[PDB]
*Asks:* 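Quick one: the structure is below, and I'll ask about it shortly.
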Amino acid sequence: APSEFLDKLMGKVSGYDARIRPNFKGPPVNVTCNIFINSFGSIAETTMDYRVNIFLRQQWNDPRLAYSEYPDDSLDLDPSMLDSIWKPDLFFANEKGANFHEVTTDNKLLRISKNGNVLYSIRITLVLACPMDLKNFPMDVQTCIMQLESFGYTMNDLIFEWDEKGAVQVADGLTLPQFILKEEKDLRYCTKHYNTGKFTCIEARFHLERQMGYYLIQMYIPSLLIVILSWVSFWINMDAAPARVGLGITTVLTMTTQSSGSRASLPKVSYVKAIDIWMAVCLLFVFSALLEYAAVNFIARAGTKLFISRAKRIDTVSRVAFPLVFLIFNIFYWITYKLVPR
Amino acid sequence: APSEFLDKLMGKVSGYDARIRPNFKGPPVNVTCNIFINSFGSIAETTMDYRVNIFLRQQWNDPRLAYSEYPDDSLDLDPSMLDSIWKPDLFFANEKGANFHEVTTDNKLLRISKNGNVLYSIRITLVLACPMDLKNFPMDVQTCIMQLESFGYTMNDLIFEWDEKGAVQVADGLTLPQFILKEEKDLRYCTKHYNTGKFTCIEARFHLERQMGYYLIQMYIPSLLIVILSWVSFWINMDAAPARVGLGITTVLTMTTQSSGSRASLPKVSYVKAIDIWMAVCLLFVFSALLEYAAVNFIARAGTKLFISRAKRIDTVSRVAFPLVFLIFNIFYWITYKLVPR
Amino acid sequence: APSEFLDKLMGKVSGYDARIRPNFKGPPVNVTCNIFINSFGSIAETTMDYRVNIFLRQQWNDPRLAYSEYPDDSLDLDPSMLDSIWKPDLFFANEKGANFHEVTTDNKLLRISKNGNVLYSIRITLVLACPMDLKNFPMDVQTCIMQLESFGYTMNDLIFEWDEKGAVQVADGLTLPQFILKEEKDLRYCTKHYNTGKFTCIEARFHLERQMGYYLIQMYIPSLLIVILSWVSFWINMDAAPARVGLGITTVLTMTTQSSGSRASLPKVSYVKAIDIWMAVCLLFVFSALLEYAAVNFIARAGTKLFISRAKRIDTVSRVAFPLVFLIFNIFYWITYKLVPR
Amino acid sequence: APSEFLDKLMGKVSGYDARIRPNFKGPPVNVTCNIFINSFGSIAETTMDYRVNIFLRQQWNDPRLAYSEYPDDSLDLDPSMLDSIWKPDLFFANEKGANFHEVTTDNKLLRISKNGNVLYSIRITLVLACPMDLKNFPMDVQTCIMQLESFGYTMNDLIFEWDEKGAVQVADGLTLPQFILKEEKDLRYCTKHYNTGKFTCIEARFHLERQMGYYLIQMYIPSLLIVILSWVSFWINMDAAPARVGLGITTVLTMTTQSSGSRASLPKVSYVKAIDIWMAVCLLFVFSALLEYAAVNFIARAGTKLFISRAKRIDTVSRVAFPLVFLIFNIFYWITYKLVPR
Amino acid sequence: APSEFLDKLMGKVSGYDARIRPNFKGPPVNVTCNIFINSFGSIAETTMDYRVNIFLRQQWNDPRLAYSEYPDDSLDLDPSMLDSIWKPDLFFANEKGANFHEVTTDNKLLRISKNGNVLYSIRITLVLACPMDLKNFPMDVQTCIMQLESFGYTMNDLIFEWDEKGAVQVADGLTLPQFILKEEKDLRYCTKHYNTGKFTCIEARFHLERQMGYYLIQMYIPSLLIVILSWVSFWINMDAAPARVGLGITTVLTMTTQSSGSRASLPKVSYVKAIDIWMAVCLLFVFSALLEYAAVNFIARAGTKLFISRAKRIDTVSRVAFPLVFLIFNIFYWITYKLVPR
Ligand SMILES: CC[C@H](C)[C@H]1O[C@]2(CC[C@@H]1C)C[C@@H]1C[C@@H](C/C=C(\C)[C@@H](O[C@H]3C[C@H](OC)[C@@H](O[C@H]4C[C@H](OC)[C@@H](O)[C@H](C)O4)[C@H](C)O3)[C@@H](C)/C=C/C=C3\CO[C@@H]4[C@H](O)C(C)=C[C@@H](C(=O)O1)[C@]34O)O2
Ligand SMILES: CC[C@H](C)[C@H]1O[C@]2(CC[C@@H]1C)C[C@@H]1C[C@@H](C/C=C(\C)[C@@H](O[C@H]3C[C@H](OC)[C@@H](O[C@H]4C[C@H](OC)[C@@H](O)[C@H](C)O4)[C@H](C)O3)[C@@H](C)/C=C/C=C3\CO[C@@H]4[C@H](O)C(C)=C[C@@H](C(=O)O1)[C@]34O)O2
Ligand SMILES: CC[C@H](C)[C@H]1O[C@]2(CC[C@@H]1C)C[C@@H]1C[C@@H](C/C=C(\C)[C@@H](O[C@H]3C[C@H](OC)[C@@H](O[C@H]4C[C@H](OC)[C@@H](O)[C@H](C)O4)[C@H](C)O3)[C@@H](C)/C=C/C=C3\CO[C@@H]4[C@H](O)C(C)=C[C@@H](C(=O)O1)[C@]34O)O2
Ligand SMILES: CC[C@H](C)[C@H]1O[C@]2(CC[C@@H]1C)C[C@@H]1C[C@@H](C/C=C(\C)[C@@H](O[C@H]3C[C@H](OC)[C@@H](O[C@H]4C[C@H](OC)[C@@H](O)[C@H](C)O4)[C@H](C)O3)[C@@H](C)/C=C/C=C3\CO[C@@H]4[C@H](O)C(C)=C[C@@H](C(=O)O1)[C@]34O)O2
Ligand SMILES: CC[C@H](C)[C@H]1O[C@]2(CC[C@@H]1C)C[C@@H]1C[C@@H](C/C=C(\C)[C@@H](O[C@H]3C[C@H](OC)[C@@H](O[C@H]4C[C@H](OC)[C@@H](O)[C@H](C)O4)[C@H](C)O3)[C@@H](C)/C=C/C=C3\CO[C@@H]4[C@H](O)C(C)=C[C@@H](C(=O)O1)[C@]34O)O2
C-alpha cells in the first residue's frame with residue numbers, strides 16, 4: 001500500500017512525464033529558492049575565487065504531482081524518486097566548477113505537499129570566481145556575488161524568486177579567519193540576455209570586511225620599527241661613516257624585502273595598492289634619511305670646521321624633523337582609508 | 001537453495017520496498033553507530049582541515065528483513081545486496097567533501113541477524129573542516145569535531161544514538177607526528193534546527209595536544225641564541241662602533257626573519273598569537289640592547305672622559321641587567337601558557 | 001499528447017537512428033557554431049596554459065527531425081532527449097583535458113525548429129595549452145588560440161563554419177587582472193591532414209596585452225632606486241673604502257636578487273627576455289660604478305697627491321657621466337619595445 | 001560454440017550465483033596472492049606516504065567454475081566476464097585512496113583452469129601511508145609496509161596466503177632515486193581483530209636505505225667549509241675587530257640558514273634528528289670561535305701588553321685546538337650512525 | 001536500410017560475440033598501431049614524469065566483421081558501436097595513470113574496411129614516468145620511453161607491430177620550451193616475461209636535448225661575474241682588511257646561494273651532477289682568493305716591510321694567476337661535456 005502510492009503517483013500510470021515542464025504551454029513556473037550557506041573557505045586573492053558549500057532549497061508547485069490520498073500535508077519521498085520527477089534546471093553561472101556530495105547516501109531532500117508544492121534541497125560545494133577590486137587593499141570591503149540562472153528555458157517558461165522571508169541563511173556559528181561577513185545582505189534580480197534568448201537569474205550579495213589585526217601586526221609594525229632605526233642612526237657621530245651607511249643601507253634593503261613580501265600574497269595587479277603608497281612613503285623616508293647623511297658628508301668631507309658646525313646643526317634639526325614628517329604623514333594617511341569609508 | 005533465500009528475503013516477492021522507511025508511520029528508526037578511525041593525517045593549520053579515514057558501523061533493525069529460515073544468528077549478505085535494502089541516510093555535515101574507497105571490491109560489510117538487527121559498515125575517507133582557536137598557538141590544545149546528521153528525515157522519523165559501550169575506537173598503533181590524541185573522548189548529542197525541520201545529529205569530540213619538541217628546537221632555541229649574541233656584543237669596547245652596530249643590526253634582522261618564519265606556517269589570523277608576544281619581547285630586548293649602545297655613544301661621542309667612565313659603568317650594570325630581565329620574563333612567561341592550563 | 005509528440009518524433013517509430021549521420025551518403029552536414037566565453041582565468045606563463053569556460057552553441061539541421069505537428073517555430077526538448085539524437089562530434093584539439101559542469105542538472109540546452117534547424121548549447125570548462133612567445137616578455141602581446149576539430153568524420157562528411165554575425169561573444173563585464181583582451185578578434189579556418197584523412201577545424205584567435213602597471217611598480221622602479229644608490233655612493237670620500245665597497249657590493253647583490261625574482265615567475269626559456277637585457281644593463285652600470293671606484297683606488301692607494309687630485313676629478317666627471325649614460329640607455333630602450341610595436 | 005561455452009559455464013543455466021561464496025557453509029576459501037610491483041615513486045617525508053603501482057595476482061579455486069569441456073588446461077575468459085564471477089574482496093587497509101587504470105581497456109586479466117583454479121590479476125595504483133621513524137634522519141633505514149585485508153568476510157569464511165615461491169616480485173630495472181630497496185624481503189601474517197569480527201590480512205615488508213650521496217654533497221660539505229672559515233678567521237690580527245666579528249657573525253648566520261634548509265624538506269617532528277645534533281655541534285663550534293675572539297678582546301681592549309702577548313698565545317693554541325676538537329667530534333659522530341647499524 | 005546494416009553486421013544475428021578473440025584458437029591477432037603525438041608538456045625533473053597526449057591508431061583485421069554489402073571500401077561506424085566490437089586490449093605499462101578525453105562526444109574514431117581491416121583511433125592523455133640519468137645535468141641528452149603492452153593475452157594470442165612506414169608522427173608545429181626533440185626516432189620491440197606468461201610490448205624512443213640558453217644565462221654567467229668580483233677585490237690595498245674580507249665573504253656566500261638555487265629545481269640525487277663540479281670549482285676559486293688574502297695578511301700583520309714588499313709581489317703575481325687558472329679550467333671543462341658528446 002505505501003509502495004503502491006509511490007507507484008500510483010509517480011508510475012507510468014496517469015501518464016506522468018518527467019521531460020515535460022509543469023503547467024506546460026502556460027504561465028511560467030515560479031521557483032522560490034533560498035540557500036543556507038554552511039561555510040566560506042579558502043578565500044584566496046591570488047586564485048581570485050572563494051569556496052562556499054550551500055544547501056539549496058528550491059520550491060515549485062506542479063498540479064499533476066498533487067494527491068488527495070494521504071492525511072499528511074507533506075509526504076517525504078525517497079531521494080531516488082527525485083530522479084524521476086521534473087526538476088527545475090538551475091546552474092551557477094560563475095560556478096567555475098562545482099560538485100555534489102554523494103558520501104554515504106546521495107545528499108538530497110525532497111518532499112511533496114498535498115497542495116502540490118514541492119520542496120527540493122541539495123547540498124553542493126561551489127568554487128566561485130568573484131571579481132574583486134583591490135584599489136585599496138589592506139582594509140578594503142569586498143563584495144562576493146553568486147548568481148543562479150536557468151540555462152534550460154527562457155523567461156516565459158521559468159522564473160526564479162527569492163523567498164519573501166529569510167532567503168539566505170548562514171550557519172549559526174560561522175566565522176571567517178580572514179574576513180568578517182556583514183549581517184546586512186543585499187539580494188537583487190538580474191535578467192540575462194543571450195543570443196539564444198532571455199534567461200532568468202537571481203543573485204545574492206555577500207559583503208566581507210578585511211581583518212586589520214594580522215596586517216597591522218605583520219605589515220605595518222615592522223615598517224614603523226625600521227623607520228625608528230633611521231632615527232637612532234642619526235645620533236651616532238658623522239665621523240663614523242660605516243655605522244651610518246650601514247644603518248641606511250641595511251634599513252633600505254629590509255624595506256625592499258618587506259615591500260616584496262606584501263606582493264607575494266596578492267594577485268598581480270596594474271593599479272596601485274594602498275599598501276604600495278605606504279611602502280613608497282616609508283622607503284622614501286629611509287632613503288631621505290640616508291640622503292641627508294650624504295649631504296652632511298658632502299659638507300663634512302669638504303672642509304672647514306664652520307661647515308662641520310653647520311652640519312651638527314642640521315643633524316639635530318633633522319632628527320627633530322623626521323618623526324614629525326612621518327607622524328603627520330601617518331595621520332594624513334589613516335583618515336582616507338580607515339575613516340569615512342565609501 | 002542458498003541463492004533462493006537471497007531471492008526469497010530480498011526478492012520482489014513478499015513486496016519488500018527499498019524506498020520505504022522501516023516501521024513506517026510509527027516510532028522513529030533508531031540507528032546505533034560506532035566509528036573506528038584508522039588514521040589522522042595531513043592536519044594543516046593553513047588549510048584549516050584535517051583528514052581522517054574511518055570505518056562507520058551503523059546498526060538499525062527492521063522487522064521485515066527478519067527471517068526464520070536459517071540456523072545461524074547472523075548471516076552475511078553480499079556487498080551488492082546492500083544497494084537493494086533501505087539504508088539509513090547519514091552525511092557528515094562539515095565533511096567539506098569525502099570519498100568511498102572502491103579499490104578492488106567496493107569496501108562495504110553488511111550482515112543481517114535473524115532478530116532483524118542489521119549491521120552495516122563502510123570505509124570512508126573524510127576531509128573535515130574544524131574551526132580551531134589559535135589564541136595561544138605553540139602549545140595549545142585543539143578540539144576537532146565531527147557531527148553525523150541525517151539530511152533525509154526529521155526527528156520523528158529517524159534518530160542517531162552512539163553505542164553504549166565503545167562508540168569510538170582508534171587504531172591500536174595510531175600516532176600523529178604533530179599532535180598527541182587524548183584517551184578521554186567526549187561524545188555529545190546535538191539537534192539541528194533548519195527551516196525545513198529538525199534533523200538528528202551526533203558528534204564525537206577529539207582532543208589533540210601540540211608536541212613541544214619541534215617548536216622548542218626550532219622556534220625558541222635560536223631566539224635564545226640570538227639574544228646571547230647581544231650579551232657577547234656588550235663586552236667589546238665601545239670604541240669600535242662597527243662591531244657593536246654590526247652585532248645589533250645583524251641580530252635585530254635575524255630576529256625579524258625568525259619571526260616571519262613562524263608566520264609562514266600558520267593561517268592568517270587577527271588575534272595575537274603567543275608566539276608573537278614571545279617574538280615581540282625577544283625583539284624588544286635586542287632593540288633595547290642596540291638602544292643602550294646608542295645612548296652610550298651619545299654620551300661617549302659627546303665629550304669629557306668623566307662621562308666615558310660613567311658609560312663604562314653603564315656597560316657593566318647593563319650586561320648584568322639584560323640576562324636578569326630576560327630570565328625573569330622567561331619565567332613569568334612559561335607559567336601562564338604551559339602551566340595551569342585551561 | 002505533449003509526451004506523445006516526444007515519443008512520436010524521437011520514438012523507435014519512424015525508424016530514427018541516433019548512430020547514422022543526417023543526410024547520410026550525401027552533402028556534408030554543416031555546423032554553424034558560435035561560442036560565448038564566460039571568463040579567462042588562471043593564465044600562467046609557467047604552466048603555459050590558460051583556463052576558459054565557454055558556452056558552445058552549434059547548429060546543424062537534419063531533415064528527419066523536422067516536424068509539422070506544432071504551431072511553435074522552435075520547440076525546446078528536454079536535456080535528456082539530447083542523448084538520443086545524433087550530435088555533431090567536436091573535440092578541442094589542444095584541450096589538454098576539459099570537463100562538463102553537471103552541477104544540479106546537467107547544463108545543456110537544446111531546441112528543434114520546425115524547419116529542422118537544431119540549436120545545441122553546452123557549458124564547458126577548458127584548460128587550453130597555447131604556445132606563447134616570450135621574445136620580449138614584460139610588455140608583449142600574446143595570441144591564444146582554440147581550434148575546434150571533428151575527430152569522427154572526414155571533410156566530405158562534416159564541416160564547421162563560424163556564424164556569419166557574432167561568432168564569438170564575451171561576457172559584458174569580463175576583465176582579466178593580468179592582461180587586457182582586444183575587441184578585434186580574428187577568426188580563421190584550418191584544415192587538418194592526418195594519416196587517417198582530412199578533418200575539419202575552425203579556430204578562434206584571442207589577442208591579449210600585458211598590463212604594464214604591475215611590472216613597472218615591481219620590476220623597474222626598484223632597479224631605478226638601486227641605481228640611484230650608486231650615484232649617492234660616489235659623493236662619499238674615497239678615503240672611506242668600506243662605505244664605497246659596502247654600497248657597491250650591497251647594490252650589486254640586491255641587483256642579483258631582483259634579477260632572479262623576475263625569473264621565478266616565468267617558464268624556463270632559452271632565448272633572452274627583454275627583462276634580461278634590462279637587468280644586464282642595470283647590473284652592468286652598478287658593476288661599472290664599483291669598477292670605477294676600484295680604478296680610483298688603484299690610483300689613490302698608489303701614491304702622490306697629484307694623482308689623488310686627478311682622482312677627485314674623475315669622481316666629479318663620473319658622477320656627471322652615469323646619470324647621462326643610464327638616461328640615454330633608458331630612452332634608447334623604451335622606444336623599441338613599448339613604441340612602434342610589431 | 002565458443003560463445004556457447006561462456007554462456008554454458010557462466011550462464012544463468014546451472015544456477016551459478018555471483019553473490020554466494022565458493023564452497024559456501026564450509027572450509028574457508030584460500031586465496032594465494034602474489035604482487036608484482038612496477039615502481040615506487042614520489043616518496044615524500046612531509047606527505048608521509050609513498051606511491052606504488054602493483055599488479056595483484058590472486059588465485060582461489062571454486063568447484064563450480066570447473067569445466068570438463070575444453071582440451072586446454074587454462075582458458076582465458078574475457079575481462080568483462082570477470083564482473084560476473086565471484087571475486088575475493090580485498091582492500092588495502094592503509095591505502096589512503098587508490099585507483100584502477102582503465103586506460104584503453106580496463107586492465108584486468110583472468111583465466112580459469114579446468115581444475116577450477118582461478119587466476120585473477122589487476123593493475124592498481126596505490127598511495128600508501130607508512131609510519132616512518134626519523135630518530136636518525138639522514139642515513140636511516142625505513143620500513144614501508146602494505147597489508148592486504150578482507151573487509152567482507154571473517155576468518156572462518158576467507159583466508160589469505162602468500163605464494164610459497166616468489167610471492168613478491170619487483171621490476172627487473174626498477175630503481176629509486178632517493179633510496180635503495182633491499183633484495184631481502186620479509187613477509188608476515190597478521191590477523192585483525194575488530195568489533196565486528198576477525199579479518200584476515202597479509203602484509204609485505206619493504207626495506208629502504210637512504211642514499212648518502214646527496215646529503216653528503218648538500219648537507220655536510222657546506223658545514224665543513226663554513227667551519228673552515230672560522231679557522232681562516234683566527235689568523236687575521238685581533239687589531240682589526242671588524243674582520244673577525246664579520247667572519248664570526250656571517251658564519252653563524254650562514255650556519256643558521258643551512259640548518260633551517262634541512263628542516264624545510266622534513267615533516268615536523270618532536271624528537272631530535274641526527275642532522276640536528278650535527279647542526280648543533282657545528283653551530284656550537286662557530287659560536288665558540290666567536291666566543292674565544294670575544295674573550296681575547298676582553299683581555300686585549302682591557303690593558304697592558306703582557307696581556308696582549310698572553311692573547312697572542314691563546315690565538316695559536318686555539319687555532320691548533322679547533323681542528324682537533326672538530327675532527328675528534330666528527331670521528332666520534334660517524335661511528336654511531338653509519339657504523340654498527342641497528 | 002542503413003541502420004539495418006549496422007543491425008545486420010553487429011546484431012545478435014550472425015552470432016557475433018564481443019568477448020571472443022578474432023580468429024580464435026589460431027594464429028595470433030596482429031595489431032599494427034601507430035601514434036600521433038600532439039604535445040609534450042610539464043616535463044619536470046623533480047616529479048620525474050612527462051605528460052604527452054597522443055592519438056593511438058591501432059589496426060587489426062577480423063574475418064567476421066567483413067561485409068560484402070556496401071560499395072564503399074571503408075565504412076565509418078558510430079563511436080558507440082565501438083563498445084560492441086572486440087577491441088585489442090592495450091595498456092601503457094609505465095602509464096602512472098592516464099585519462100580519456102570525453103569532452104563533448106567521447107573522442108574515438110573507428111572504421112571498418114570491407115576487407116575486414118579495422119581502424120581504431122583514440123585520444124589519450126598520458127603521464128609517463130621515464131627514468132632519467134642526470135650524470136651530467138645541464139647539457140644532457142635524455143631518452144623518454146613509452147612501452148605499449150597487452151595485459152590480457154599471451155604472445156600466442158596477440159602481437160603488436162609498428163606500422164612499416166610512419167609509425168610515430170609528431171605535430172607539425174610542436175615545440176618544447178625546455179628541450180628539443182630529435183627527428184631521428186628509434187623504435188624497438190620488447191617482450192615481457194611475467195609469472196603469468198609472456199606478453200607482447202612495443203616501445204617508442206624519444207630523444208630530447210636540453211636547451212643551453214636558459215642555463216647559460218641563469219646558472220653560468222652570474223658565477224663568472226662573482227668570480228670577476230674577487231679579481232677586482234685584489235687591487236684594493238691590503239691595508240684595508242674590511243674591503244677584502246668583505247668582498248671575499250660576500251662572494252663566497254653568494255656562491256653558496258647560487259649553488260643551492262640549482263639544487264632546488266632538481267630531484268634529489270646521489271651521484272655528482274656536472275653543475276656541482278662547476279660550482280665546486282667556482283667556490284674553490286673564490287675561497288682560494290680569500291685564502292691568499294689571509295696568507296698575505298699572515299705575512300703583513302706579522303712584521304718587517306721587506307715582507308710587505310714580498311706580499312705586494314704576491315698580489316700582482318696572484319692577480320695574473322687567477323684569470324689564467326680559471327680560464328684554463330673553463331676550457332678544460334667545456335670540452336668533455338658539450339664537445340665529443342656520447
Ligand atoms: C621615479 C621613482 C624613483 C626611483 C623614486 O623611487 C622612490 C624613492 C625616490 C625615487 C626618486 C621609491 C619608490 C617610489 C617612488 C615614488 C613613486 C610612487 C610613490 C608611486 O609611483 C608613481 C609613479 C608611477 O608611474 C611611474 C605611478 O604608477 C602608475 C601606474 C599606472 O599607469 C600605467 C596607473 O595605475 C597610474 C598612472 O599609476 C604611480 C601612481 O606614481 C608608487 C606607485 C610607487 C611605489 C614604489 C614601489 C611600490 O612597491 C615597490 C617595492 O615595494 C619596492 C622594492 C620598492 C618600492 C619603491 O622603490 O618606491 C616600489 O617600487 O619613490
Ligand atoms: C608601537 C610599536 C613600536 C614600533 C614598537 O615595536 C616593538 C619595539 C619597540 C617599538 C616602540 C617591536 C614590535 C612590537 C612592539 C610592541 C607591540 C606589541 C608587543 C604588541 O602590539 C601591541 C599594539 C597592537 O596594536 C597596535 C596590539 O594589537 C591589537 C590587534 C587587535 O586590535 C585590532 C587586537 O587583537 C588587540 C587590540 O591587539 C597588540 C595587542 O599590542 C604585539 C601584538 C606586537 C608584536 C610585534 C610583532 C609580532 O610579529 C611581528 C614580526 O615578528 C616582526 C617582523 C616584528 C615584530 C615587531 O616589530 O615587534 C612584529 O611586528 O615593540
Ligand atoms: C661575459 C659575461 C660577463 C660575466 C659580463 O657580465 C655582465 C657584466 C660584465 C661582465 C664582463 C653582467 C651579465 C651580462 C653581461 C653581458 C651579457 C649580456 C648583456 C647578454 O649575454 C650575451 C652573451 C650570451 O652568450 C654567452 C648571449 O646569449 C645567447 C644565448 C643563445 O645562444 C645559445 C641565443 O639566445 C643568443 C646567441 O644569445 C646573449 C644574447 O648576449 C645577456 C643575455 C646576459 C644577461 C645576463 C644576465 C641576465 O640574467 C642574469 C641574472 O639577472 C643575474 C644574476 C645576473 C645577470 C648578469 O650577470 O648580467 C644575468 O646573468 O655583462
Ligand atoms: C640552552 C641552549 C643554548 C641557547 C645553547 O644553544 C646552542 C649553543 C650554546 C647555547 C648555550 C646552539 C643550539 C643547541 C644548544 C645545545 C642544545 C642541544 C645540542 C640539544 O638541545 C638540548 C636541550 C633540549 O631541551 C631544551 C633537548 O630537547 C629535548 C626535546 C624533547 O623533550 C621535550 C625530547 O626529545 C628530549 C628531552 O630532547 C635536547 C635533546 O637537548 C639539541 C636538540 C638542540 C639543537 C639546536 C638546534 C637544532 O636546530 C636548530 C636550528 O638549526 C638553529 C637555527 C639553531 C640550532 C641551535 O641554536 O643549536 C637549533 O636550535 O647549544
Ligand atoms: C673536503 C671538502 C672541503 C670542505 C673542501 O670544500 C671545497 C673547498 C675546499 C675544501 C677543502 C668546496 C666544496 C667542494 C670541495 C671539493 C669536493 C669536490 C669537488 C667533490 O666532492 C668530492 C668528495 C666527495 O666525497 C666526500 C665525493 O662525492 C662522492 C659521493 C658518492 O660516494 C658516496 C659518489 O657519487 C662518489 C664517490 O662521489 C666527490 C665525488 O668528490 C664534489 C662532489 C663536491 C662539491 C661540493 C659542493 C657541490 O654543491 C655544494 C653546494 O653548492 C655548496 C653550498 C657548496 C659546495 C662546496 O662546498 O664545494 C657543495 O658542497 O672543495
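Below, chains carry the letters A, B, ... as their sequence lines are ordered, and counting in each starts from 1. Header entry for method reads electron microscopy, 3.8 Å. Whatever order the structure lists them in is the order used to number ligands and atoms, beginning at 1.
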*Asks:* Quick check: main partner chain of ligand 1, as named in the PDB entry?
*Replies:* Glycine receptor subunit alphaZ1
*Asks:* Choosing from ivermectin, rifamycin SV, venetoclax, tacrolimus, what was placed at ligand 1?
*Replies:* ivermectin
*Asks:* Show which other chains sit less than 4.0 Å from ivermectin (ligand 1), counting heavy atoms only.
*Replies:* A, C
